[PDB]
Visitor: 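Below is a deposited model of Gamma-aminobutyric acid receptor subunit alpha-1 with diazepam as ligand.
Residue numbering restarts at 1 for every chain, and letters A, B, ... go by the order of the sequence lines. For the numbers below, each heavy atom of this structure counts, side chains included, while hydrogens, waters and symmetry mates do not. Ligands are counted one by one from 1 in listed order, and the atoms in each one are counted from 1 as well. Only part shown; contacts counted inside that part.
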Amino acid sequence: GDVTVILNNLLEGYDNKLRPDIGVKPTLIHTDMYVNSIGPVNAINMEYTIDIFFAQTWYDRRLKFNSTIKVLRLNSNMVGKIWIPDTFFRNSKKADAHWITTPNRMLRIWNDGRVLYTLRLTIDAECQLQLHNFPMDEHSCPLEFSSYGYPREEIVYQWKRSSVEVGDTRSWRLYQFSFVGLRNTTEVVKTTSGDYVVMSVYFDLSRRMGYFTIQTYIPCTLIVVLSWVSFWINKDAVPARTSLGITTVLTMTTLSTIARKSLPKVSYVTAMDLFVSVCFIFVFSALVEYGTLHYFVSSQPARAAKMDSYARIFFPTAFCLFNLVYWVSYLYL
Amino acid sequence: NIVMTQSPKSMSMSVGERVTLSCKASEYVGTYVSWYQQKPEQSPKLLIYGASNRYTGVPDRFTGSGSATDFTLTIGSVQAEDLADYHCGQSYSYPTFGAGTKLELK
Amino acid sequence: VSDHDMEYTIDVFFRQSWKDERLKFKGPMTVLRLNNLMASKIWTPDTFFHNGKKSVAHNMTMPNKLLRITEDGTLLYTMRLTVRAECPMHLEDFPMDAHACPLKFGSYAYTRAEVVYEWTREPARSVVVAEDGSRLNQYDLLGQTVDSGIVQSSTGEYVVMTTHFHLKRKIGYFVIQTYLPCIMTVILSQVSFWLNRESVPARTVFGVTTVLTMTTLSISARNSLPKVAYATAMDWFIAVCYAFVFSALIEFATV
Amino acid sequence: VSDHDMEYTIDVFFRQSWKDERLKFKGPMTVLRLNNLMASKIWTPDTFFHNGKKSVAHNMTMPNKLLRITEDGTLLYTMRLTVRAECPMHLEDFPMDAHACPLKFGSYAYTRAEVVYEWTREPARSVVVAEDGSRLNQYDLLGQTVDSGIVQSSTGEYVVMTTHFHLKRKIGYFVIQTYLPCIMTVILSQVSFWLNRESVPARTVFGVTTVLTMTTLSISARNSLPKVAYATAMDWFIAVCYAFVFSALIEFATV
Amino acid sequence: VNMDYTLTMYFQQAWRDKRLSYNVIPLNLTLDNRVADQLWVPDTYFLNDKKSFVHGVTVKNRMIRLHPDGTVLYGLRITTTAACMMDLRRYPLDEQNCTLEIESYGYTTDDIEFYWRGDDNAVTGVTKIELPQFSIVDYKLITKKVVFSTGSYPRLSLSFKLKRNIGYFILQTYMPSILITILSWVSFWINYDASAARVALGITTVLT
Amino acid sequence: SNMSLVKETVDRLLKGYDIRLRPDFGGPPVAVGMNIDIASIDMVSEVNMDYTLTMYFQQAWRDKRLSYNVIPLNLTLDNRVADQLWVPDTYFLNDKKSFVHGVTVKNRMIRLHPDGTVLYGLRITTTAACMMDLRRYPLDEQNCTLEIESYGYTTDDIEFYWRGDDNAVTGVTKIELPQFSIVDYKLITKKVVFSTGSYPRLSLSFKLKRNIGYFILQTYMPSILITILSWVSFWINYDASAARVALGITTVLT
Ligand SMILES: *[C@@H]1O[C@H](CO)[C@@H](O[C@@H]2O[C@H](CO)[C@@H](O[C@@H]3O[C@H](CO[C@H]4O[C@H](CO[C@H]5O[C@H](CO)[C@@H](O)[C@H](O)[C@@H]5O[C@H]5O[C@H](CO)[C@@H](O)[C@H](O)[C@@H]5O)[C@@H](O)[C@H](O[C@H]5O[C@H](CO)[C@@H](O)[C@H](O)[C@@H]5O)[C@@H]4O)[C@@H](O)[C@H](O[C@H]4O[C@H](CO)[C@@H](O)[C@H](O)[C@@H]4O[C@H]4O[C@H](CO)[C@@H](O)[C@H](O)[C@@H]4O[C@H]4O[C@H](CO)[C@@H](O)[C@H](O)[C@@H]4O)[C@@H]3O)[C@H](O)[C@H]2NC(C)=O)[C@H](O)[C@H]1NC(C)=O
Ligand SMILES: *[C@@H]1O[C@H](CO)[C@@H](O[C@@H]2O[C@H](CO)[C@@H](O[C@@H]3O[C@H](CO)[C@@H](O)[C@H](O)[C@@H]3O)[C@H](O)[C@H]2NC(C)=O)[C@H](O)[C@H]1NC(C)=O
Ligand SMILES: *[C@H]1O[C@H](CO)[C@@H](O[C@@H]2O[C@H](CO)[C@@H](O[C@@H]3O[C@H](CO)[C@@H](O)[C@H](O)[C@@H]3O)[C@H](O)[C@H]2NC(C)=O)[C@H](O)[C@H]1NC(C)=O
Ligand SMILES: *[C@H]1O[C@H](CO)[C@@H](O[C@@H]2O[C@H](CO)[C@@H](O[C@@H]3O[C@H](CO)[C@@H](O)[C@H](O)[C@@H]3O)[C@H](O)[C@H]2NC(C)=O)[C@H](O)[C@H]1NC(C)=O
Ligand SMILES: *[C@@H]1O[C@H](CO)[C@@H](O[C@@H]2O[C@H](CO)[C@@H](O)[C@H](O)[C@H]2NC(C)=O)[C@H](O)[C@H]1NC(C)=O
Ligand SMILES: CN1C(=O)CN=C(c2ccccc2)c2cc(Cl)ccc21
Ligand SMILES: CN1C(=O)CN=C(c2ccccc2)c2cc(Cl)ccc21
Ligand SMILES: *[C@@H]1O[C@H](CO)[C@@H](O)[C@H](O)[C@H]1NC(C)=O
Ligand SMILES: *[C@@H]1O[C@H](CO)[C@@H](O)[C@H](O)[C@H]1NC(C)=O
């Protein structure tokens, strides 16, 4: 037909090793993204998954034809026969394209030489999460890309006005986080090979405290109230109060240990370590208070009579004041 | 055997007024419901193939609305050429049609 | 079905058929059942799965593909491949929930005015699941459901063929894991009310032991389901059982 | 050395030399030290590992292969590769057992009348292990042992080159993990013999908590090694210690 | 937990190609394993596998061998993870049949015919297999024809019945539970006045 | 034009180019200079005894066959020409699984200079292996290294060095490990001797010092607290036997 002769005439004397305007001007590349989904943001490896439809557009004066058809719409068969920019994601730990059932790529060449190249990617990008204020934290961690071999004087990238489009935002794999918005950025970075134009997309995420609540905040508080119930028990039943206190200590330790396996091996104190630490301290103080009570009923009874009645009102007020100050101080930040 | 129940069994209508026809399926038919028009002493003509897609040669006043079980066919500016019978038929399974609605003028 | 990843696996023979008038012939055979290396020399549609995550196409021992060319130009092209697709789940009624896991496929690079898809048989009879084809341990496949539609992208409109598999979760594991131990622990807490009032450490260790096992039960029961940020049915059951055990211990304290 | 998979890993420079009379040359150099792409254009032997599981031939940053052709036709062909081989172990004397993990290689498809193998130096000096090359945490490599033999399969008679690496397990981990907690639990059970019989709950909670600790130690200790059907020496130690703890509780019951 | 078994095998196929027939030389030809990319080899596949590969160390572990009459022998060394669904209602006192299904993909029964070379001694090396948990009691070879919507295809089936051992499960679960159940009987030998002792003993056994 | 000139230059450079032979195949060895730009150090595993690092690994040498004088600019070529040129067979001795990234194309760079200097960069994610001495865990420091060697070419065929000799490895002060902290790093040049010849080797060694902030709040504080909660039984009189025994045994259980 006519498309066969056009495609055969475009590829004669064509060199896919040389970018368009190899010694004239840098190539301008317009980039678009479509985030299909932002996958699970696991903090252990400090990474997150994302699925995008990456679209690039540029001008190639060698792929210019005169015909009655305006656009050649092609498969991935001709992607490896023309010049394709070497875009790579700078903060990706692992990234792969899609090849089932046929390489998920698209090439469209226009009447004036404008090439549009789209492909589907799944990226496992990297972002250091400052995991203070956990689990009441908010992050904004990027997806950056640039050319690998062509510096600023050879390839220039540029967003469009309708650059990044998210999908439905409800079919996404964000369990513990919530998408709030995005913003694009362009910059130039100095590298050992040259100056490169780098483009960034920052996704803003906020952690919803709905899993950590029913996992740790409710049970640890319940175990604290469990340690509280020892004060209303008679002061003569010594094995009862000792066993209650020390088994409550057991429950606190087990819950603390099983609760710390969500977050990574960070060395600073979070807003979750402080809570379970203070709960352990409270249980420790209740047991040591009963210990001093049992010593003081034998040493001098005038001091140990009204100590338990004081504890019955001092422990819940201290814990409630701690909760108020903690929650306001960590929700103001 | 998916049964299609079409309503109403008979209707009357004047010129230049909006009209709505409904088709209801017993089982699930995804978007494979089609609307045919049949004038007297003529063969049926496909108006809407699939749920909400006009056939080639159909005016822009017919429009369909689809769901899993409930389907609608609405005509806008009705002229004097819409005096015919209208059948809805499913194609998710072996095809079964509706009873039809005969539009008349009064 | 991997609930922790919101995904499922499915092994399929994926068959496509179209008509190419450039591959007409006239020979002694009426159908050429060719190799899987002839399908690379001809045009084949670039079907991709809209919700597929990381699918595999088997290559053992030869590429598991099939190409047949009939004399009038129709081509049948079959592949064997393992789709790993995404199933978004609403785990509010866990573990008494039902799902409809989708499988959307369409054409990459070819819009609706270029390549359209259709089922080769009646839509109710096109997606066929085998009888012995079920590696499900936790769910129960109830049936299939196909549909066809159009997606509106930045590059045009594309035909999308949808297939929903309806699943129902089996409660038999979660009963024995959580709902029967919770009931037995609540009964173990309630047996403390029959001991005499002169045995204070006995009823004390009863109450506190039941609270400890309820805590270990709730942690062991939450780790199966993924880390969702809402409350399921099992969470409400564990919450009410914990309330009952804690209320038993506070009642002992008051007594 | 993975004990649960009954396998081990090794990283080797594998060198093969042979003589091809078709590759004689005469030039200003006496040895051509060529690339790793000339080796794919000549005949190289098809050596495989008889007991390999999943081996890798490294190709970072280029294929780690070496080809040297000498002017009389002698070729030296070297590869860098990681072999994951099978080591069938008998764990009767676990964790005081010594193994001889094998590594057998030979030719695929070339029988004894076509291709025969040989060590290039004296057999005691052919398989050479580096000094700093030991990623063993749990074992101790004592020495090596090579051998040569002839296997017979359904395709003919083949030459097989065998290497044995002699390993001796280190007990210092299992001591602190299992043997010392068991002795501590037994002594803590025997502490109860010095309490006065007027304290019945004291000796009761002693006995039952040491039995609980022995149960936890037994379950937590049997997961290290694979799921063998015979008894090991740690199983005998745990059984006798459990018998002693249970016997202490039964003696308390009798008293 | 994954409902699968990995097996390594030397899998050999033999057919006759009248185009690869020679008579000038009298010996059999073992060629380099890269000439199998220029011959026709059947498109055999395993229906029930999940992951498979040909070993590629130090080269691609495959064998080609010609014969002067036309016969081609073609062997591969394959490690495959085949999927067998197990019925665990009698675990661990159970016996499971795990089967490798061997089928032809492209060619129907009017283009290809499958058979075991020997029909009972075609599969060797089963009695020398030692598993840590199971024990191969019996194996069977089955020839078959399956029918799909595209045609009728030949199929071979190699099914192994695996019986599970019990001694590990005895010493791991059955003996501790029985010992705790005997230990929980000492609560009656203690007199019924001492309450804390009997509660601690019974509760501890239940928790254990 | 300029595109035609560059096209004829690249077509002349690649016509009659023998990829089997290194530059100066009979003469002196070729000198290859290394740069490493460390993007991240992913996961330092003590159980697997390895670590993972992403790097921008660049090699620079001089090939007189790829010399041109008609155009005054440097030529960045599509990465597919790296399969038609000679590149050194550099390998890492202590790696376990490595790969070059492949999105959207193979992440590598090939640049020609008019004097013959070839610049060849790769983006690698290496899982290198290092044995750790955990006798002072978690108060320990680990020297973990990446060994860089030439496989086929001996020291009289190739020669390695660091490009800059102190600033050849960058991006080490920006590495954020969650559990360690880089205190120092060193670059080493030497030669190793195998039974096949003598080979050049470079070594990039990092000292990783482990923090204590997690281990304190996870192991050291609880154990001390539980010991105090075992001490509290001394303040209980010797009459109540059940209380003191339950307290001691449950501190042991904790
Ligand atoms: C260390 O060693 C490693 C092991 O060797 C090595 O890895 C290998 O790297 C190379 C180079 O990077 C890979 O080669 C390329 O693979 C591309 C596709 O890749 C992905 O897919 C492969 C499997 O390859 C199959 O599937 C695709 C898609 O269907 C097919 O197109 C392929 O032909 C191939 O198909 C066969 O197998 C299928 C089953 O799998 C069958 O179904 C099918 O029928 C075929 O039998 C995967 O293995 C890859 O996984 C890897 O890499 C990613 C990277 O991120 C990793 O993440 C992942 O974990 C894996 O490691 C990945 O999934 C091919 O497209 C490509 O072919 C092109 O380009 C070259 C160079 O120009 C051409 O010479 C070649 O002809 C190919 O070109 C054509 O086709 C493209 C299609 O896009 C057109 O655009 C182009 O115009 C051209 O068309 C021409 O020819 C057509 C016919 O072919 C014709 O129709 C047209 O008209 C036109 O004429 C190339 O093969 C190789 O796959 C890797 N292998 C493995 C096992 O990883 C590693 O790099 C080494 N490292 C170092 C440092 O040395
Ligand atoms: C899936 O299986 C097929 C067939 O088993 C594999 O294809 C084989 O791929 C190799 C690699 O390209 C081919 O080798 C080549 O031959 C060409 C000449 O055509 C030569 O120029 C190349 O340098 C290379 O040597 C081989 O011929 C081909 N075999 C067949 C029968 O087509 C395919 O690679 C497998 N894919 C995976 C991911 O395992
Ligand atoms: C494990 O399970 C498989 C799967 O069912 C069992 O295979 C079955 O084996 C029997 C006996 O070989 C086959 O029956 C035969 O049918 C033919 C019909 O042509 C008949 O001529 C024979 O007299 C015999 O009845 C049966 O086809 C086969 N089932 C399938 C689907 O392959 C196997 O026996 C089980 N046990 C073991 C130890 O493997
Ligand atoms: C971590 O460990 C490595 C390996 O043990 C240390 O590398 C060693 O570095 C020292 C000094 O930097 C080198 O020793 C020197 O040898 C030269 C000649 O060989 C001599 O002139 C000097 O007096 C000195 O003795 C040694 O070559 C090198 N060892 C190896 C085998 O590479 C490294 O310094 C350690 N620290 C860090 C943080 O890198
Ligand atoms: C993405 O980038 C583009 C340009 O880089 C941003 O566009 C501009 O929007 C402002 C108003 O919000 C206009 O005044 C500018 O003229 C626009 N730029 C151009 C080049 O037209 C766009 O807002 C960015 N999207 C974000 C940050 O979400
Ligand atoms: C192991 N452990 C306990 O035993 C309970 N108390 C501790 C602790 C208690 C007081 C001060 C510091 C640390 C604690 C804190 C966390 Cl964030 C995780 C596990 C954990
Ligand atoms: C609406 N939309 C887009 O605009 C991005 N590209 C399309 C598309 C792109 C190429 C072929 C078919 C469809 C797409 C694909 C999915 Cl799986 C979800 C949303 C979506
Ligand atoms: C070729 O092989 C057949 C059987 O595999 C054998 O009978 C014959 O002797 C062989 N030919 C020679 C020349 O050894
Ligand atoms: C080529 O690269 C060299 C090395 O940095 C540089 O000095 C020179 O200016 C570059 N040439 C051009 C034309 O940019």
Visitor: Where in this structure can diazepam be found, counting every copy?
Guide: ligands 6 and 7
Visitor: Counting only non-hydrogen atoms strictly under 4.0 Å, which other chains reach diazepam (ligand 7)?
Guide: A, C
Visitor: What is the residue list for the binding site of diazepam (ligand 7), using non-hydrogen contacts under 4.0 Å?
Guide: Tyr34(A), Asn36(A), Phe53(A), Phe48(C), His50(C), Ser107(C), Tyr108(C), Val151(C), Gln152(C), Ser153(C), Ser154(C), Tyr158(C)
Visitor: What is the listed source organism of chain C in the PDB?
Guide: Homo sapiens
Visitor: Mind checking which other ligands or ions are less than 4.0 Å from diazepam (ligand 7)?
Guide: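 Other ligands and ions within range: none.
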Visitor: Please state the name of chain A according to the entry.
Guide: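 In the entry: Gamma-aminobutyric acid receptor subunit gamma-2.
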